[PDB]
2 protein chains.
Amino acid sequence: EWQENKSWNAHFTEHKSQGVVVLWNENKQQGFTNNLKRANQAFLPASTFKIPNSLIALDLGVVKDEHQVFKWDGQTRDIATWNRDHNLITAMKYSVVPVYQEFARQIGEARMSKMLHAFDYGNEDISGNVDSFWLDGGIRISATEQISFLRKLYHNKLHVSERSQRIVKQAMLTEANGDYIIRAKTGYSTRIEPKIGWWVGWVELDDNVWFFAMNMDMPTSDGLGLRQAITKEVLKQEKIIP
Amino acid sequence: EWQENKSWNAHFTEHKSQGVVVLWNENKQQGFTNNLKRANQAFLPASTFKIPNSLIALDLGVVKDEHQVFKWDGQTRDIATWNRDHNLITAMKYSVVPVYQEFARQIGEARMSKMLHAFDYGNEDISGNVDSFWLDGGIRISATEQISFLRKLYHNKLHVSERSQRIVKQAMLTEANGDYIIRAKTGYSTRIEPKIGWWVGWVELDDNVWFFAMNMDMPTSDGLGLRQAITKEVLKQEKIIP
Ligand SMILES: *C(=O)[C@@H]([C@@H]1NC(C(=O)O)=C(S[C@@H]2CN[C@H](CNS(N)(=O)=O)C2)[C@@H]1C)[C@@H](C)O
Ligand SMILES: C[C@@H](O)[C@@H](C=O)[C@@H]1NC(C(=O)O)=C(S[C@@H]2CN[C@H](CNS(N)(=O)=O)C2)[C@@H]1C
Ligand SMILES: C[C@@H](O)[C@H]1C(=O)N2C(C(=O)O)=C(S[C@@H]3CN[C@H](CNS(N)(=O)=O)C3)[C@H](C)[C@H]12
Ligand SMILES: C[C@@H](O)[C@H]1C(=O)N2C(C(=O)O)=C(S[C@@H]3CN[C@H](CNS(N)(=O)=O)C3)[C@H](C)[C@H]12
Ligand SMILES: [Ca+2]
Ligand SMILES: [Ca+2]
Ligand SMILES: [Ca+2]
Ligand SMILES: [Cl-]
Ligand SMILES: [Cl-]
Ligand SMILES: [Cl-]
Ligand SMILES: [Cl-]
């Protein structure tokens, strides 16, 4: 079903961290985690919500394609990379929240709810402000539920156009070399306790796909680099990446 | 305009090589090369023809998607890479000429010809064997012509479905990190003199795209790695990648 390999807890232990890593072997239809309980604990998605938000925007024509330019609104915000024009690729890369809050308002409460239900996304609850519910509203998703959603996206099985799903998977591209391709999205939920960081996505190999979703306790912005580092220690331990 | 930059030749001579690198700044609509004459010299495309071949195969339904398996059909025909199953992703990556021979036979010469004329691909000539003309037939393409073709592909402007162009560009993924994305294709022309190696594609930045096409004399297979090496040194020299 889902095997618990607690030897992964060493990688959180060394870095003085608490969290969960979940892997899914698509060929073998087998899942692995260091913590079955935390694997199914549901949290705010934070910026991991940029994946379904992007899909819905594209499917509804709110975003025409990955080249459409979203003008900086002229408000100088805290993250310098947000203070400029963006397309879908760079808004995903730099996790540009204002662009996605605009997407959400144009999508609207009713279409957003209907799509999240169509997606079976987390708890399907978008209570709160239409442009912030994934930050401080009622939506919740677990690491295992992220995998479930991502597997559909990978197979083009979500109830949106194939084109939307291909564009979003292009925009998720994070790293690629001769050994693997990673498509993924980070998140950091701070507006409601507990403060946690996310990394969800998958690793594409020649012959298989390994889906992953991790989250960890993140009191300060210090440990944000550990989201990718710990996941990759796990991947390396299992010899998924060289 | 086309600017000549002879200073790039230092990267060929230090490797006891001769060749041409062509770069195109999409934003500026400006091209750069070390050798204007060789930049326009037309050669057999060899494995770089996998780009138009895959596009046509997908557009015509010869290949259903990037997951369809092409089974090994017994033959252990010397090359080990061709001793296993493939899909479009892996067949682009590795030398598996029987798979692309099968595409071309199914496409057939009438539609192959029509498509290469619609692509304005090289000298638009498919004379020779329908299952090998890109290796030993009459088709020829120059580095500048590779750029013209790739630019259309990047803009989804070729006269095939948008979906087929998106899939081939996925299959072209070679390298990606926080600084750049490279989509590209190698080639090695040996069946007709002169023996040459190819590397064609583009570099996606946050705010621009740099297309490239290089070829270089390749008297033996031991210099194949110099295709990527020399191209990347020219990109680094120009500060396109760090
Ligand atoms: C297509 O041009 C040709 C393929 N393509 C290539 C190529 O390198 O572009 C080759 S090279 C052959 C297979 N891999 C060996 C080299 N390994 S490496 N890591 O690149 O040094 C030798 C092959 C000839 C088809 C049409 O034959
Ligand atoms: C709620 C939203 O504000 C939040 C929700 O995800 C946003 N999404 C993400 C994310 O994690 O993708 C970030 S990260 C941000 C960029 N610069 C700092 C990081 N420096 S480092 N090098 O990592 O220490 C913090 C935002 C805070
Ligand atoms: C070199 C290419 O061929 C790669 C590819 O593709 N490979 C697969 C795969 O197919 O998954 C793996 S993963 C690795 C093998 N098995 C271990 C755990 N398996 S297990 N019992 O935990 O499920 C991890 C390799 C990277 C190999
Ligand atoms: C930091 C990111 O935003 C990157 C991006 O995007 N950038 C562009 C671009 O926009 O091309 C470049 S390239 C570099 C600047 N100019 C030189 C050649 N100029 S020139 N006149 O010879 O063509 C090479 C940077 C990598 C920067
Ligand atoms: Ca449901
Ligand atoms: Ca050099
Ligand atoms: Ca033949
Ligand atoms: Cl967001
Ligand atoms: Cl499903
Ligand atoms: Cl070929
Ligand atoms: Cl991609």
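All chains are named by letter (A, B, ...) in the order of the sequence lines, taking the proteins before the strands, and each is independently numbered beginning at 1. Just so you know, ligand 1 is whichever comes first in the structure, and atom 1 is the first atom listed for that ligand.
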PDB drug name, ligand 1 = doripenem (bound form)
Greatest-contact chain for doripenem (bound form, ligand 1), named in UniProt = Beta-lactamase OXA-48
ask   = Which other chain letters have a heavy atom less than 4.0 Å from doripenem (bound form, ligand 1)?
value = B
Site residues for doripenem (bound form, ligand 1), heavy atoms < 4.0 Å = B:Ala46, B:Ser47, B:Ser95, B:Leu135, B:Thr186, B:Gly187, B:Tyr188, B:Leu224, B:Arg227
query = Under 4.0 angstrom from atom 26 (C) of doripenem (bound form, ligand 1), is there any protein heavy atom?
reply = yes
UniProt beta-lactam-binding residues of chain B, heavy atom under 4.0 Å from doripenem (bound form, ligand 1) = B:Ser47, B:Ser95, B:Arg227
inquiry  = Using a plain distance cutoff, I'd like to know if B:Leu135 has any nitrogen or oxygen under 3.5 Å from a nitrogen or oxygen of doripenem (bound form, ligand 1).
reply    = no
message = Using a 3.5 Å cut-off on N or O atoms only, is B:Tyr188 in polar contact with doripenem (bound form, ligand 1)?
response = yes
inquiry  = If we count only non-hydrogen protein atoms and require a distance under 4.0 Å, does atom 17 (N) of doripenem (bound form, ligand 1) qualify as touching the protein?
reply    = no
ask   = What other ligands and ions have an atom less than 4.0 Å from doripenem (bound form, ligand 1)?
value = none
query = Any protein heavy atom under 4.0 Å from atom 8 (O) of doripenem (bound form, ligand 1)?
reply = yes
task = Identify which residue UniProt marks as active site in chain B lies closest to doripenem (bound form, ligand 1), and report the minimum heavy-atom distance rounded to 1 Å.
result = B:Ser47, 1 Å
query = Can you find a protein heavy atom under 4.0 Å from atom 11 (S) of doripenem (bound form, ligand 1)?
reply = yes
query = Which of the atoms of doripenem (bound form, ligand 1) are close to B:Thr186, meaning less than 4.0 Å from one of its heavy atoms?
reply = 7 (C), 9 (O)
ask   = Which doripenem (bound form, ligand 1) atoms are under 4.0 Å away from a heavy-atom of B:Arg227?
value = 7 (C), 8 (O), 9 (O)
inquiry  = Let's see, which residue and atom does the structure show joined to doripenem (bound form, ligand 1) via a covalent bond, if any?
reply    = B:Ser47 OG
query = Would you say B:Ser221 and doripenem (bound form, ligand 1) have an N/O pair spaced under 3.5 Å apart?
reply = no
request  = Would you mind running through doripenem (bound form, ligand 1) and noting each atom that sits below 4.0 Å from a heavy atom of B:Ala46?
outcome  = 2 (O)
request  = Looking only at protein heavy atoms, identify the closest one to atom 3 (C) of doripenem (bound form, ligand 1) and say how far it is in Å.
outcome  = B:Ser47 OG, 2.7 Å
List doripenem (bound form, ligand 1)'s nitrogen or oxygen atoms that come under 3.5 Å of a protein nitrogen or oxygen, with the partner atom and distance.
unit_1: doripenem (bound form, ligand 1); atom_1: 2 (O); unit_2: B:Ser47; atom_2: N; d: 2.8
unit_1: doripenem (bound form, ligand 1); atom_1: 2 (O); unit_2: B:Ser47; atom_2: OG; d: 2.3
unit_1: doripenem (bound form, ligand 1); atom_1: 2 (O); unit_2: B:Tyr188; atom_2: N; d: 2.9
unit_1: doripenem (bound form, ligand 1); atom_1: 2 (O); unit_2: B:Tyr188; atom_2: O; d: 3.3
unit_1: doripenem (bound form, ligand 1); atom_1: 5 (N); unit_2: B:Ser47; atom_2: OG; d: 3.2
unit_1: doripenem (bound form, ligand 1); atom_1: 8 (O); unit_2: B:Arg227; atom_2: NH1; d: 3.2
unit_1: doripenem (bound form, ligand 1); atom_1: 8 (O); unit_2: B:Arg227; atom_2: NH2; d: 3.0
unit_1: doripenem (bound form, ligand 1); atom_1: 9 (O); unit_2: B:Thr186; atom_2: OG1; d: 3.0
unit_1: doripenem (bound form, ligand 1); atom_1: 9 (O); unit_2: B:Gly187; atom_2: N; d: 3.3
unit_1: doripenem (bound form, ligand 1); atom_1: 9 (O); unit_2: B:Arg227; atom_2: NH1; d: 3.0

